[PDB]
Q: 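Structure with resiquimod, see below.
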Number of protein chains: 2
Amino acid sequence: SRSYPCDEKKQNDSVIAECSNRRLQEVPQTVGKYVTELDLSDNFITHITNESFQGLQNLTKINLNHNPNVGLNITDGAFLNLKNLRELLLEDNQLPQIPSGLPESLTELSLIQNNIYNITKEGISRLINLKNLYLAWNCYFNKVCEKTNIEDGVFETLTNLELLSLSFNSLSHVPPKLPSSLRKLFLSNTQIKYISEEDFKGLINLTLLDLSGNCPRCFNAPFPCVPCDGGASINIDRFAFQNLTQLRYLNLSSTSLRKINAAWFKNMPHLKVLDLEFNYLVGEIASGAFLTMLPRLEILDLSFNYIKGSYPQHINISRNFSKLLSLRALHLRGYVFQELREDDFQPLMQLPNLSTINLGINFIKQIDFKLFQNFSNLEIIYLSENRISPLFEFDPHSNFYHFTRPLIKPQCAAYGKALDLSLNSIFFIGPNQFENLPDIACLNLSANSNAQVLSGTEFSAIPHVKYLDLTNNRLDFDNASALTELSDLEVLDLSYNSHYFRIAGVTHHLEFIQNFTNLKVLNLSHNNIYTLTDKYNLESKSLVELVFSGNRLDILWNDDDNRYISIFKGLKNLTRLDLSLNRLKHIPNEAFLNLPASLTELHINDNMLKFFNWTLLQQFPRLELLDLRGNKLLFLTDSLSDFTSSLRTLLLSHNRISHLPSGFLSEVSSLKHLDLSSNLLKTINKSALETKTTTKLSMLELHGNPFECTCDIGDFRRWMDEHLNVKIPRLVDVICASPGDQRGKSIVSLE
Amino acid sequence: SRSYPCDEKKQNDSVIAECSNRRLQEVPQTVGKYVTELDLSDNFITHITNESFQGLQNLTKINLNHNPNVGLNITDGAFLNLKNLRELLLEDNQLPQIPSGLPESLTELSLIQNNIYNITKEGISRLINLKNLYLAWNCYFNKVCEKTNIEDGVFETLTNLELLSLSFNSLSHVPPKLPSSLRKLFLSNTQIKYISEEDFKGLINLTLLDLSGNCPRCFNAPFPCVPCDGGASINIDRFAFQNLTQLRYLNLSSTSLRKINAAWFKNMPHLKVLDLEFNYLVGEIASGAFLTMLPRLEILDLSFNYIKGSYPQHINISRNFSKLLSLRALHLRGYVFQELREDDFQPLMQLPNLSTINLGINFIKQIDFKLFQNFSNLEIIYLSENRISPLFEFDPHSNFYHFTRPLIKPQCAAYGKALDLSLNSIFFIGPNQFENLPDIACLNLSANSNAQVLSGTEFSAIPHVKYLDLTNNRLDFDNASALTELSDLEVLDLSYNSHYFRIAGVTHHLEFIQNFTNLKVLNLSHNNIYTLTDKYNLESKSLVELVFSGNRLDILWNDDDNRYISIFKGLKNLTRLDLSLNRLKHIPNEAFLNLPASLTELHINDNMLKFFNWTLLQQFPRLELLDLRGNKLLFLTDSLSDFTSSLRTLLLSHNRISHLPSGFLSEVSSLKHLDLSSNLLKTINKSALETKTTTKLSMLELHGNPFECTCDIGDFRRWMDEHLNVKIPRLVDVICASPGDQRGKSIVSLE
Ligand SMILES: *[C@@H]1O[C@H](CO)[C@@H](O[C@@H]2O[C@H](CO)[C@@H](O[C@@H]3O[C@H](CO[C@H]4O[C@H](CO)[C@@H](O)[C@H](O)[C@@H]4O)[C@@H](O)[C@H](O[C@H]4O[C@H](CO)[C@@H](O)[C@H](O)[C@@H]4O)[C@@H]3O)[C@H](O)[C@H]2NC(C)=O)[C@H](O)[C@H]1NC(C)=O
Ligand SMILES: *[C@@H]1O[C@H](CO)[C@@H](O[C@@H]2O[C@H](CO)[C@@H](O[C@@H]3O[C@H](CO[C@H]4O[C@H](CO)[C@@H](O)[C@H](O)[C@@H]4O)[C@@H](O)[C@H](O[C@H]4O[C@H](CO)[C@@H](O)[C@H](O)[C@@H]4O)[C@@H]3O)[C@H](O)[C@H]2NC(C)=O)[C@H](O)[C@H]1NC(C)=O
Ligand SMILES: *[C@@H]1O[C@H](CO)[C@@H](O[C@@H]2O[C@H](CO)[C@@H](O[C@@H]3O[C@H](CO[C@H]4O[C@H](CO)[C@@H](O)[C@H](O)[C@@H]4O)[C@@H](O)[C@H](O[C@H]4O[C@H](CO)[C@@H](O)[C@H](O)[C@@H]4O)[C@@H]3O)[C@H](O)[C@H]2NC(C)=O)[C@H](O)[C@H]1NC(C)=O
Ligand SMILES: *[C@@H]1O[C@H](CO)[C@@H](O[C@@H]2O[C@H](CO)[C@@H](O[C@@H]3O[C@H](CO[C@H]4O[C@H](CO)[C@@H](O)[C@H](O)[C@@H]4O)[C@@H](O)[C@H](O[C@H]4O[C@H](CO)[C@@H](O)[C@H](O)[C@@H]4O)[C@@H]3O)[C@H](O)[C@H]2NC(C)=O)[C@H](O)[C@H]1NC(C)=O
Ligand SMILES: *[C@@H]1O[C@H](CO)[C@@H](O[C@@H]2O[C@H](CO)[C@@H](O[C@@H]3O[C@H](CO)[C@@H](O)[C@H](O)[C@@H]3O)[C@H](O)[C@H]2NC(C)=O)[C@H](O)[C@H]1NC(C)=O
Ligand SMILES: *[C@@H]1O[C@H](CO)[C@@H](O[C@@H]2O[C@H](CO)[C@@H](O[C@@H]3O[C@H](CO)[C@@H](O)[C@H](O)[C@@H]3O)[C@H](O)[C@H]2NC(C)=O)[C@H](O)[C@H]1NC(C)=O
Ligand SMILES: CCOCc1nc2c(N)nc3ccccc3c2n1CC(C)(C)O
Ligand SMILES: CCOCc1nc2c(N)nc3ccccc3c2n1CC(C)(C)O
Ligand SMILES: *[C@@H]1O[C@H](CO)[C@@H](O)[C@H](O)[C@H]1NC(C)=O
Ligand SMILES: *[C@@H]1O[C@H](CO)[C@@H](O)[C@H](O)[C@H]1NC(C)=O
Ligand SMILES: *[C@@H]1O[C@H](CO)[C@@H](O)[C@H](O)[C@H]1NC(C)=O
Ligand SMILES: *[C@@H]1O[C@H](CO)[C@@H](O)[C@H](O)[C@H]1NC(C)=O
Ligand SMILES: *[C@@H]1O[C@H](CO)[C@@H](O)[C@H](O)[C@H]1NC(C)=O
Ligand SMILES: *[C@@H]1O[C@H](CO)[C@@H](O)[C@H](O)[C@H]1NC(C)=O
Ligand SMILES: *[C@@H]1O[C@H](CO)[C@@H](O)[C@H](O)[C@H]1NC(C)=O
Ligand SMILES: *[C@@H]1O[C@H](CO)[C@@H](O)[C@H](O)[C@H]1NC(C)=O
């Protein structure tokens, strides 16, 4: 009754087996008969037939992707016996052709990343229930492939299709006879030079059109890239877009566009996001008669339109930018200019809804920051990666021309207005630096190569910063009053400042941490801190989370030094502590007891520990999570239930533990989750996990243990069938060691 | 006849067994009877008796250090049976007392890092042949320990002792009745406040005296440090040093010295190295009547004498520095001043033999570099770690107050005069920066946070640099003429410049490498290079070694891109190639053949490789070393001898290989060294390593393989005894896997 090899979960009242990554040479027949969704993805299966999926009714979905992993042979009508399948995922299977005789029940089919160069009536036209069809990434780049032949009006018979992606195939022409029902159509990187009037003419329901990468701009492309003759523009008919009144999204990126016809937008009152990236638009950004046509546009991406070899003094913004009323975010990146002036952004200053200006990668030497205060709604000022001074490698399921991640880390932005100066040249903060800025909750100073001693006078122009990123500088903390002018400070990231800390002869002062009443999260990671000056303790009444990882506690806690024994005790509010990567061989008993007793979460993981005193857990009544992972530990206590009543989760994975003590799990009612994976365990005696009282443990991880496959594991196997509420994951990965006959075989298979 | 557990080598015609780190619970009786030196260090041995070392004549030396590893019990006169022992190393054994009844044959004894607080006539006085005696590091710091009692005139009876180290013990007084034969005597950190006239009075042969750490300067000490009352100076008698005419070395460091008596040096015409570190000497460096007493002093270390809280404009050097004629290196570090002026170093400019000035850690903002040209002999200018702008944790066997490593990397210094600007603020190189400098062969620019585009005009003031360290900056290579003004350039280190390289939208230009006729070693490591602009190939006719490690060849060599296929082919002189850490799953065949055919050494190690085409080795007739270590490789060819005649060394360690092919080792006469360690091998068939022709293989590493201990390994065990010229190391670490009975046991032990 324990599901194998498939792990089974419950989602939306429904039933889904996860068989992915299971090294399956063939499709299991042991699948739960109730299963709605079957994921075979990333396996070794080389064959599909009519016997494979039998006995299975409610399956609406099959993921066959990535088989076999590092030549999938499918029989005609192998999938026909199943009338309930909507979604079918065949991606990355090295398929020569579309599989013949697919069920007509298919709403959604994914052929992405295959060898199919021929789209035929036989493979498609008989599926009338097709909603979304993905053919993308079959013929592209320098791959050896045939130009894609698309049989006349093959999609003509699909009256229900709202999504079609042919992107990254060799087409050269938009296929004739496209169904009216089309909503989203992806034509990107199809090598199409010409868009006629009659191509999209009959689609009135299109909400999205992707023409990107046709007549590409190939200079400095990090992919094989072939431009149109002379590197000319795509030729788009004056009337090509006239009958799309419903279009929300238009991706024109990398089309080599020098000038844009404003009459393309005549019929599109609803245009929302316009992607103009990777063209030559500097002239159009200077004048831009096409802007007056976009009153509803929310997002506009003009990024990377730079003229080759040019490094102008100022950016030139058309006054017509005042005509985009609903604009929210504006991306200008790789425009490459020297100096941003107050009067250059004038057209943007009256835009009511524009919260985001992306200026990244412009090589800007200087800005007057009083212009950002003359805007209305700005929540995000993204200046990252500039010169500002003081005073398959491509995911077919992702956007090709930019990253889809947030500009600012959501944790930071949630506090308020955001200013990202990261990856710049400001190595020193002058008294006047931040003057005339808005009220800044979130400030990113990361990677500014800042060597200064912070005296507490630096941020006084913007005292209300909640979240401060100082990461990856070389910071000299010689002053006890540092950063104290920020009274409302909550999150502080000091990570990767190790420059001065690692020099012993200089002075280091951390005392500033006590002065913060609201301080909550503090990152002190990877600072290589082995020594401090006159003050050996970190003390805060507010602080909650402290990440001390990547420092030397092996030195601080050295047996011959009593000075740092209390180092964390002064943090009385602290529920979370990260001691990882400190090279700890052991923790002196006196130093462990001096840990804050408020801790609910403690990570000592990824150290060298050969010893752990479990009796010391008596002093931590609030501790729900203990992370011991990635150590040398040989030793487990049998008395643990006498040591802690509070422990929900215990992670022991990747240790040297060879033996489970008799009465280990007994009488501890708290422990839900136990990670024993990747240990030295040969067997489990009957008396290890037996608990006379009530056992709340719902998860046990045994994978990676050298199990003796003899009759001695009968006690444990029996224990497994006796409790089915304990989930052991990766049951194909719990693998018998000895005897040599049973080596490689799962423990769940035995006489 | 295969030595076990001890590995045996030959040094100085002699015979030494290495038993270290062998997890020995007891002292082996299997030791080769001829053995001169026996190293038991870092083992589990808990006992020593009279039966341990029997049958062994010529042993002159025994290393018992670090036993047991993580309570050594020695019987009275356990070592007496051996009349040939000179050296005895007992270090770090947690010894309560000196072992009683030690042989009188001992010239050298090391008790370092033990619990011995009592030095008695019974343990020592009967050994008259003692030459060097190390008692150091028994009672120190915050360790729980007893003040050291030294029985009256216990060393009085040792007439042959030239070396005594009591350092880091609690003494408070220099022991009375010291033998005349003393040459080197280490009293450091013994808590001695007073040096009387009669302490050292009777030692005329002393070449070395270490008084360091008595009355320590404890501000900002990274160890528990207790000063004398008021933090006063050590009190040294006017006449204390009068009878040492032979003293070469004097370590006074960390004695809290405000002023120095010049009459201490009255009788020392031979003084060579004087260590003054960690005192308050700023006044003495300003006047210093003691300098006129040191005509022969070669090294003078004044480092870390800074006045607390002081940041003066200029350093003040006494005119009396002109009076040290034989001075070679001068260390002034942590003097902490702002500005170095031409006229401040005037007293030093006429010193004929002074090649080295160590200015590190002074927080210097500016220097006029034309003063270094007014010296005579300077080979080393060490400016590292300053503010200059544009335009147990302690090793008992090491120096406690500084690092003993070279200032400049020897490879760099060997080229000529050296200038180390590393760890500074110069973020831009102006045209006039290096003007008025000497002729610089070796230049360290590391860690200057330099973002500039090097145009080839930058170094023209010092064109003759052979070795250039640009490591750990953020370098923008946008120019093809970069660095080309250096015609004689040999070694170039570009490591850790990854800042701009990882941005795809910008341009990257490596073309400058071809312009160098003498370029030999090039470090391009950890630059995260996945993309380049207009030039996809590295080309040099001279270049020999290229380290490409820490980049992305997984991206560059992606199957869908032909652009970078030839990337290294243009280097026609290259004998050494490092492809490590490139995340390579596989190398496309066309890309491997495009590797330089001149390669004698190739490292692909520490990648993800699941595949290697051995047939491609046919194209590398010069290749003596192939490094495949740290990969996923499952597959070994049986045909290798047909593939390469040139391969001396093959490193396969840490791979997934489960099987040795029949006829693997056969007919390849070239292979000396084979590393199979840490693989999946269960057994070795008789036909794997059998070679009908002449076999030159002298080294085979099998440790870490899950060996079946059944009778099936008889074929291999037999093969081992049949060839004794093949050295298998770590024979305690070649460990039987199955059956469970033999698990943990070395394969060399079987029925
Ligand atoms: C030209 O410009 C257009 C318009 O911006 C771009 O069109 C977008 O293309 C991307 C890439 O395909 C789309 O992003 C993906 O959307 C998939 C569909 O999600 C929809 O439905 C789900 C629920 O069913 C909703 O949650 C979601 O909001 C959408 O409504 C997602 O399945 C994808 O995510 C999956 O893959 C990614 C990457 O592996 C993972 O991160 C996810 O966890 C998940 O597994 C992905 O989000 C996007 O939907 C398109 N926009 C529109 C409006 O349709 C073109 O890409 C662009 N041209 C190019 C090539 O640059
Ligand atoms: C220096 O140190 C600080 C302090 O730790 C780090 O900042 C924290 O970083 C961790 C990431 O490592 C962040 O934790 C992550 O938070 C996400 C929270 O997302 C929000 O929105 C979701 C809904 O989408 C809500 O559910 C949630 O409540 C939040 O409001 C979580 O999504 C993440 O959890 C997921 O991953 C974790 C394991 O990582 C699993 O346990 C979860 O089940 C789930 O799979 C994770 O919690 C944390 O938010 C950061 N906090 C702060 C203050 O920023 C810095 O990143 C670190 N910097 C450096 C340089 O290392
Ligand atoms: C005050 O100042 C004095 C004078 O400078 C310092 O005295 C030096 O102390 C150090 C530390 O003990 C000595 O360094 C060590 O010397 C040992 C002896 O080497 C001699 O003999 C060998 C061959 O037998 C020669 O090769 C060598 O040149 C010497 O003639 C070495 O054995 C040590 O090296 C071993 O340990 C180190 C560290 O583990 C390893 O790096 C080595 O590989 C090796 O295993 C070490 O080199 C030094 O000899 C002393 N100088 C003199 C002139 O005797 C004091 O240390 C200083 N006071 C303090 C505490 O700061
Ligand atoms: C960027 O890349 C460059 C190029 O590789 C690196 O520079 C090389 O660094 C390696 C060290 O990793 C250096 O190689 C080492 O050289 C030592 C040579 O010492 C000299 O003197 C000895 C006598 O004392 C002579 O025998 C010798 O001929 C030399 O004249 C060797 O001692 C080292 O070998 C020892 O270690 C190696 C393994 O490391 C063993 O194989 C040996 O048997 C022995 O145990 C080693 O050879 C090399 O010298 C450097 N060359 C240059 C040009 O500097 C940079 O370090 C790297 N930088 C960064 C930032 O990573
Ligand atoms: C301040 O600015 C710096 C630099 O721009 C920001 O660092 C960047 O943060 C992003 C988001 O976390 C990182 O990208 C992510 O990396 C992880 C790990 O590989 C990956 O899982 C994610 O999918 C995403 O790719 C990025 O690594 C990092 N960049 C650098 C230079 O390290 C930082 O986030 C900013 N801080 C705040 C609070 O905004
Ligand atoms: C240029 O200046 C930099 C910075 O001072 C030098 O880097 C430093 O080099 C030394 C010598 O190699 C490194 O010390 C060594 O580290 C290794 C690895 O841990 C260790 O095995 C050695 O015993 C020694 O401790 C040191 O790591 C490194 N410092 C930094 C900041 O990384 C560099 O050597 C200089 N280049 C030249 C050519 O002089
Ligand atoms: C030789 C170093 O010992 C102390 C020290 N530590 C620092 C430090 N972390 N930062 C500094 C910044 C500017 C000037 C001096 C210092 C300094 N200093 C120098 C001094 C001004 C005496 O504190
Ligand atoms: C948007 C980036 O695309 C090209 C580029 N790459 C670089 C570069 N690696 N470095 C630069 C330094 C100063 C000014 C401009 C650039 C630059 N630029 C800008 C430009 C002047 C057009 O080359
Ligand atoms: C601005 O956005 C708000 C929603 O936050 C919306 O109510 C308002 O109508 C928008 N104004 C314009 C000009 O689009
Ligand atoms: C910190 O710096 C401020 C301003 O430079 C100064 O007033 C104060 O003395 C410093 N605090 C110290 C040294 O503890
Ligand atoms: C301790 O943390 C809690 C939870 O964040 C917070 O409410 C409280 O203010 C903190 N205590 C102090 C003294 O700030
Ligand atoms: C564990 O900690 C306790 C303190 O409660 C101490 O008595 C005991 O010695 C420690 N155990 C070990 C093995 O150090
Ligand atoms: C300087 O050093 C050389 C050896 O290189 C030596 O011959 C000469 O006598 C020394 N001069 C002085 C003043 O010590
Ligand atoms: C490199 O820089 C020099 C000086 O700035 C300039 O003369 C030359 O044009 C540049 N070379 C290029 C861009 O290839
Ligand atoms: C190739 O390397 C050798 C050995 O260092 C050197 O002698 C020769 O000059 C190099 N060849 C060229 C063309 O510089
Ligand atoms: C190995 O390389 C040779 C070229 O000599 C090629 O013919 C063969 O296909 C390659 N082997 C594999 C398994 O790719």
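The sequence lines fix the lettering, A, B, ..., with proteins before strands; numbering per chain opens at 1. Keep in mind that the numbers below use all heavy atoms, side chains included, and drop hydrogens, waters and symmetry copies. First listed ligand is number 1; within each ligand, the first listed atom is number 1. The header says X-ray crystallography, 2.7 Å.
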Q: Where exactly can resiquimod be seen in this structure?
A: ligands 7 and 8
Q: Quick check: main partner chain of resiquimod (ligand 7), as named in the PDB entry?
A: Toll-like receptor 8
Q: Return the other chains, by letter, having a non-hydrogen atom closer than 4.0 Å to resiquimod (ligand 7).
A: A, B
Q: I'm trying to map the binding site of resiquimod (ligand 7) - which residues have a heavy atom under 4.0 Å from it?
A: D476(A), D478(A), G505(A), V506(A), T507(A), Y306(B), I307(B), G309(B), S310(B), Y311(B), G334(B), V336(B), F363(B)
Q: Which other ligands or ions, by number and name, fall under 4.0 Å from resiquimod (ligand 7)?
A: none
Q: Mind checking the PDB entry for the source organism of chain B?
A: Homo sapiens
